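What follows is a short report on a single structure.
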There are 2 protein chains.
Amino acid sequence: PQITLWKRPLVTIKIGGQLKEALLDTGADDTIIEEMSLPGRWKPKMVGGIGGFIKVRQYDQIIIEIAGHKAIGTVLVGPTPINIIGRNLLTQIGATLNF
Amino acid sequence: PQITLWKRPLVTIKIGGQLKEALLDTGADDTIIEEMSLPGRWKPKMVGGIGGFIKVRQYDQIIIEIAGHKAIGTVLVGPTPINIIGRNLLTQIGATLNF
Ligand SMILES: CC(C)CN(C[C@@H](O)[C@H](Cc1ccccc1)NC(=O)O[C@H]1CO[C@H]2OCC[C@H]21)S(=O)(=O)c1ccc(N)cc1
Ligand SMILES: [Cl-]
Ligand SMILES: [Cl-]
Ligand code: NA
């Protein structure tokens, strides 16, 4: 796909057996999803942005289908106002910025 | 250019005659720069990010060069942790997301 940026670049993802919508975010180092359960081990992390930091759970080796493209990587889970696909998984689907 | 996402997509910007670095951020509606002086009047705006909201100064019709492309548009100034180029100016320089 080529995605213009006139509106937010929202896509459908599948994670943990659940379909969700998420923002493709080149400004995010990491992927962060709103509170949900995921299997396996986790460790606590703080992640910071505009407005300050939030505490999240870091799960490693989680598979996510992103607009029909599979990726595996770390997923943070916590009180983010929107689900965000960050660079750690955007690389894996071959996403690039073009101008 | 075609910019991969293995590293942060940082580019040089020029605003008020000064070179700065900024992040190309598809997850940002709005361009926001760290504190600096800009001409004209400003308007109030609240910006909500991962960690809560911040107050910023909204300047309209500001001339800004981004990675060698000319844009003229709205720039917010406030305590962002990093200079960010959001979709309002990414559209002006013709940027798309591709995968
Ligand atoms: C601020 C950037 C350096 C980092 N952010 C990614 C960014 O794209 C967020 C992503 C985002 C989007 C919506 C709400 C919260 C965060 N956008 C954002 O805060 O933009 C604000 C300015 O324009 C506005 O439009 C969106 C909210 C405003 S972040 O959400 O804090 C974040 C930080 C670290 C990770 N790993 C993942 C995400
Ligand atoms: Cl990862
Ligand atoms: Cl104010
Ligand atoms: Na795991």
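Chains are named by letter, beginning with A, in the same order as the sequence lines. Here chain A follows the PDB entry for its numbers: 1-99, in order, are the residues you see. Numbering, chain B: per the PDB entry, residues 1-99 in sequence. Both backbone and side-chain heavy atoms feed into the values below; hydrogens, waters and symmetry mates do not. Each ligand, and each atom within it, is numbered from 1 in the order the structure gives.
The drug seen at ligand 1 is recorded under the name darunavir. The chief contact partner of darunavir in this model is named by the PDB entry as Protease. Counting only heavy atoms under 4.0 Å, the other chains near darunavir are A, B. The 4.0 Å heavy-atom shell around darunavir contains A:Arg8, A:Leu23, A:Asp25, A:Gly27, A:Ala28, A:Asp30, A:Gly48, A:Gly49, A:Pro81, A:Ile82, A:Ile84, B:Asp25, B:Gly27, B:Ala28, B:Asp29, B:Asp30, B:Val47, B:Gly48, B:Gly49, B:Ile50, B:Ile82, B:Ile84.
Residue, atom and distance of the protein heavy atom nearest to atom 4 (C) of darunavir are A:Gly27 O, 3.4 Å. Given atom 28 (C) of darunavir, the protein heavy atom at minimum distance is B:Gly48 O, 3.3 Å. Less than 4.0 angstrom separates some heavy atom of A:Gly49 from each of these atoms of darunavir: 31 (O). Distance from atom 23 (O) of darunavir to its nearest protein heavy atom, with residue and atom name: B:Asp29 N, 3.1 Å. Within the listing of darunavir, atoms 21 (C), 22 (C), 28 (C) sit less than 4.0 angstrom from a heavy atom of B:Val47.
Organism for chain B, as given in the entry: Human immunodeficiency virus 1. Atoms of darunavir lying under 4.0 Å from any heavy atom of B:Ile84, numbered from 1 in the order shown and given with element: 1 (C). Counting only heavy atoms of the protein, atom 3 (C) of darunavir lies nearest to B:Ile82 CG2, 3.7 Å. Darunavir places these atoms under 4.0 Å from at least one heavy atom of A:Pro81: 14 (C), 15 (C). Darunavir has no nitrogen or oxygen under 3.5 angstrom from a nitrogen or oxygen of A:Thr31.
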